[PDB]
**Student:** 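For discussion: a PDB structure holding nirmatrelvir (bound form).
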2 protein chains.
Amino acid sequence: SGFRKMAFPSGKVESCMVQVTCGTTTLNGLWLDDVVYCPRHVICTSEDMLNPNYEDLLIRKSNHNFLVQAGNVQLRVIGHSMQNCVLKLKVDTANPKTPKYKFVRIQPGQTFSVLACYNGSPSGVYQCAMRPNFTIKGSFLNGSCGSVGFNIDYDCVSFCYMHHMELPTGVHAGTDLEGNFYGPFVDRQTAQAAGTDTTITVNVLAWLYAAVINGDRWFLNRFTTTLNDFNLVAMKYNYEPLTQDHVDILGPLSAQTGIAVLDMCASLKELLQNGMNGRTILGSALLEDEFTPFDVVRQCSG
Amino acid sequence: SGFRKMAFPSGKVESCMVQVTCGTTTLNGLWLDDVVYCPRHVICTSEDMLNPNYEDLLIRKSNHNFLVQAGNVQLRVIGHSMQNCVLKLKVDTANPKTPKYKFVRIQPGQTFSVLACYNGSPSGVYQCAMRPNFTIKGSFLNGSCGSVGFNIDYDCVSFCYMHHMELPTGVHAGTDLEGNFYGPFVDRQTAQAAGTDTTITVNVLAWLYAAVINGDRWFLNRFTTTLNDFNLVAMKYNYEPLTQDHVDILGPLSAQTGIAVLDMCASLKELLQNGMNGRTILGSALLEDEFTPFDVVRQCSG
Ligand SMILES: *C(=N)[C@H](C[C@@H]1CCNC1=O)NC(=O)[C@@H]1[C@@H]2[C@H](CN1C(=O)[C@@H](NC(=O)C(F)(F)F)C(C)(C)C)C2(C)C
Ligand SMILES: *C(=N)[C@H](C[C@@H]1CCNC1=O)NC(=O)[C@@H]1[C@@H]2[C@H](CN1C(=O)[C@@H](NC(=O)C(F)(F)F)C(C)(C)C)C2(C)C
């Protein structure tokens, strides 16, 4: 028993983290096969970041302007290209520890582990949910750019995120491994707004199933609701509307506990309408939406 | 910016996890040099665990009764011995990926990362604090025993915990790597009481400094308190008394923010007597005590 926010084991990804330096700017890079991926703003000075012309800035850089280090080994840069907001540096050595991998673009509501790195050295791991407004609540200091987000399915590493910046609100933004930002953000030091956010309804329900599995049942009630009635309440409390596809995704948890999705929706409706009134669920005084149904099943089975 | 509960990168420990089977019972083992460390109840059947005589049970086992698998490779056991609640299996092969390590006994209030494992295979990583009543709030299912807790200091892994059992309150209990239980617990399937817990005062203070560093200041003011007067209030709210040694440990965070320890104590004393009043601190409606002063320094400057 016990339910905790858990990251994937990071060993496979630690073996791909390298340090990338261009002039006086140092950040992290991801070394897969003979290519090192990193944020393109590695070519910027602090002054350039206010209004960069990346195309012109890169034209002034040669392969020798990029120093890539894996541990204490210099990887010779023999080619460079920019794809969206990502810089791809071709190096003279293939990473011998390149795991089986894919580059994926995750959907809002989905989770991933972030291996926070500085100077190409991993310092910590934590889980993030991609908010409906395409931001994440991370922990990133100066030099953390190039740190990656990923999921592991047995032996294959699905890289989904690369860290690029922090918004005025304190939340974080980045790209997929093709260098396309999640959200409307740009890699320029200028105030940018993330949209109004919403609560990930299906994740709240998955977390209530995790709570019941752990013996936290005080919120269970003898009522059942309907999908349409629950959606009237959801809109008022800024919760995403529940769809039949989300009800289907909750199937395995509903089956493991013998608690119907609409029985659990009546618990959620009551929690929203009356408030939690200082009470707790799985140690939390708030309804948590950062766990997917797959995260809950993965943890409740092994 | 940002503050997140973060585990150490797990790669160095993943390379040490093995599967240990004895008869019908399978759990995890930790492979360092030519020794495999695992919980001694691997020699128990379900009925044996009710009231085991471990010495008698171990007499009945030989080296060939222990099946040890590192991935898809069997490691031959050539010696065995029991040290407290841990079984030490000498194997014919030294782990070629043994990191630089040490075995440490952690103090209550300190934190460590847990690499949760099943059948010798890592599944996830999360941070735990050793509660003042010597329990941890983890996530462990059947077969999780033998999973270890650790801290990493640059290249050295300090192993401090090995999982053995779950208590009636849903909390977890285990030993150091020498097999000595943390707390008054025994490796027997019998009802066992964990003592009354207390809040780790120095850790709440460290987290309040992390909140200030991240922009929260509503709880700050010019009021102060003596070390003695704060302790009179702390005792009422089941918080540990704050000592001058704890005040000294908070010194680096106090210097960084320019907020004296007793000034933060006055804010904490105020937060306990007056409540938060609908507000949050670092995305939480409750005061958190699972971050040490070192955990905060690591993220809020490191
Ligand atoms: C990469 N190493 C850092 C990570 C930042 C540092 C503090 N917390 C983080 O997540 N990325 C940057 O410094 C990027 C970089 C220029 C400016 N920058 C920012 O994150 C800035 N934010 C923005 O300009 C904004 F609002 F648009 F997101 C900063 C004010 C420094 C936090 C570029 C090229 C985006
Ligand atoms: C080792 N793989 C498991 C881990 C347990 C399984 C469920 N959650 C866990 O963390 N350890 C055990 O099953 C140990 C083992 C016998 C009984 N046991 C327990 O944890 C039981 N608890 C106790 O009897 C108690 F309360 F005293 F701690 C159980 C009821 C199965 C949760 C031995 C030898 C201690």
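Letters A, B, ... are given to chains in the order of the sequence lines, protein chains preceding strands, and every chain is numbered from 1. As the structure lists them, so they are numbered: ligands from 1, and atoms in each ligand from 1. Determined by X-ray crystallography, 1.7 Å, according to the entry header. In what follows, every heavy atom counts, from backbone to side chain, and hydrogens, waters and symmetry copies are set aside.
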**Student:** List the chief contact partner of nirmatrelvir (bound form, ligand 2) in this entry, with the name from the PDB entry.
**Tutor:**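 The chief chain, as the PDB entry names it, is 3C-like proteinase nsp5.
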**Student:** Any non-hydrogen protein atom below 4.0 Å of atom 30 (C) of nirmatrelvir (bound form, ligand 2)?
**Tutor:**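 Answer no: nothing from the protein, no heavy atom, is under 4.0 Å.
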**Student:** Give the single entry among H41(B), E166(B), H164(B) that approaches atom 34 (C) of nirmatrelvir (bound form, ligand 2) most closely by any heavy atom.
**Tutor:**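 The residue whose heavy atom sits nearest atom 34 (C) of nirmatrelvir (bound form, ligand 2) is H41(B).
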**Student:** For atom 6 (C) of nirmatrelvir (bound form, ligand 2), grab the closest protein heavy atom and report residue, atom and distance to one decimal in Å.
**Tutor:**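 Closest protein heavy atom to atom 6 (C) of nirmatrelvir (bound form, ligand 2): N142(B) OD1, 3.4 Å.
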**Student:** Mind checking whether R188(B) contacts nirmatrelvir (bound form, ligand 2) via backbone (N, CA, C, O), side chain (CB onward), both or neither, at a 4.0 Å heavy-atom cut-off?
**Tutor:**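 Only the backbone of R188(B) comes within reach of nirmatrelvir (bound form, ligand 2).
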**Student:** What residue and atom, if any, carries a covalent bond to nirmatrelvir (bound form, ligand 2) in this entry?
**Tutor:**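 The entry gives a covalent bond to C145(B) SG.
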**Student:** Find the UniProt domain of chain B that dominates the interface with nirmatrelvir (bound form, ligand 2).
**Tutor:**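 UniProt domain: Peptidase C30.
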**Student:** Which organism, per the PDB entry, is the source of chain B?
**Tutor:**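 Per the entry, it comes from Severe acute respiratory syndrome coronavirus 2.
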**Student:** So, for atom 24 (O) of nirmatrelvir (bound form, ligand 2), does the protein have a heavy atom nearer than 4.0 Å?
**Tutor:**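 Answer yes: something from the protein, a heavy atom, is under 4.0 Å.
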**Student:** Where on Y118(B) is there a heavy atom closer than 4.0 Å to nirmatrelvir (bound form, ligand 2), on the side chain, on the backbone, on both, or on neither?
**Tutor:**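 Within the 4.0 Å criterion, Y118(B) makes no contact with nirmatrelvir (bound form, ligand 2).
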**Student:** Heavy-atom distances under 4.0 Å decide this one: backbone, side chain, both or neither, for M49(B) against nirmatrelvir (bound form, ligand 2)?
**Tutor:**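 Side chain only.
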**Student:** Tell me which UniProt active-site residue of chain B is closest to nirmatrelvir (bound form, ligand 2) and the heavy-atom distance to 1 Å.
**Tutor:**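 Rounded to 1 Å with heavy atoms, the UniProt active-site residue is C145(B), 2 Å.
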**Student:** I'd like to know if atom 17 (C) of nirmatrelvir (bound form, ligand 2) has any protein heavy atom within a distance of less than 4.0 Å.
**Tutor:**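 So atom 17 (C) of nirmatrelvir (bound form, ligand 2) has protein heavy-atom neighbours under 4.0 Å.
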**Student:** With a non-hydrogen cut-off of 4.0 Å, what is the binding site of nirmatrelvir (bound form, ligand 2)?
**Tutor:**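 Counting heavy atoms, the site comprises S1(A), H41(B), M49(B), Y54(B), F140(B), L141(B), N142(B), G143(B), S144(B), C145(B), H163(B), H164(B), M165(B), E166(B), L167(B), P168(B), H172(B), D187(B), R188(B), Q189(B), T190(B), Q192(B).
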**Student:** Identify all N/O pairs between nirmatrelvir (bound form, ligand 2) and the protein with a separation under 3.5 Å and present them as a table of atom names and distances.
**Tutor:**
residue	atom	partner	partner atom	Å
nirmatrelvir (bound form, ligand 2)	2 (N)	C145(B)	N	3.0
nirmatrelvir (bound form, ligand 2)	8 (N)	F140(B)	O	3.3
nirmatrelvir (bound form, ligand 2)	8 (N)	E166(B)	OE1	3.1
nirmatrelvir (bound form, ligand 2)	10 (O)	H163(B)	NE2	2.7
nirmatrelvir (bound form, ligand 2)	11 (N)	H164(B)	O	2.8
nirmatrelvir (bound form, ligand 2)	20 (O)	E166(B)	N	2.9
nirmatrelvir (bound form, ligand 2)	22 (N)	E166(B)	O	2.8

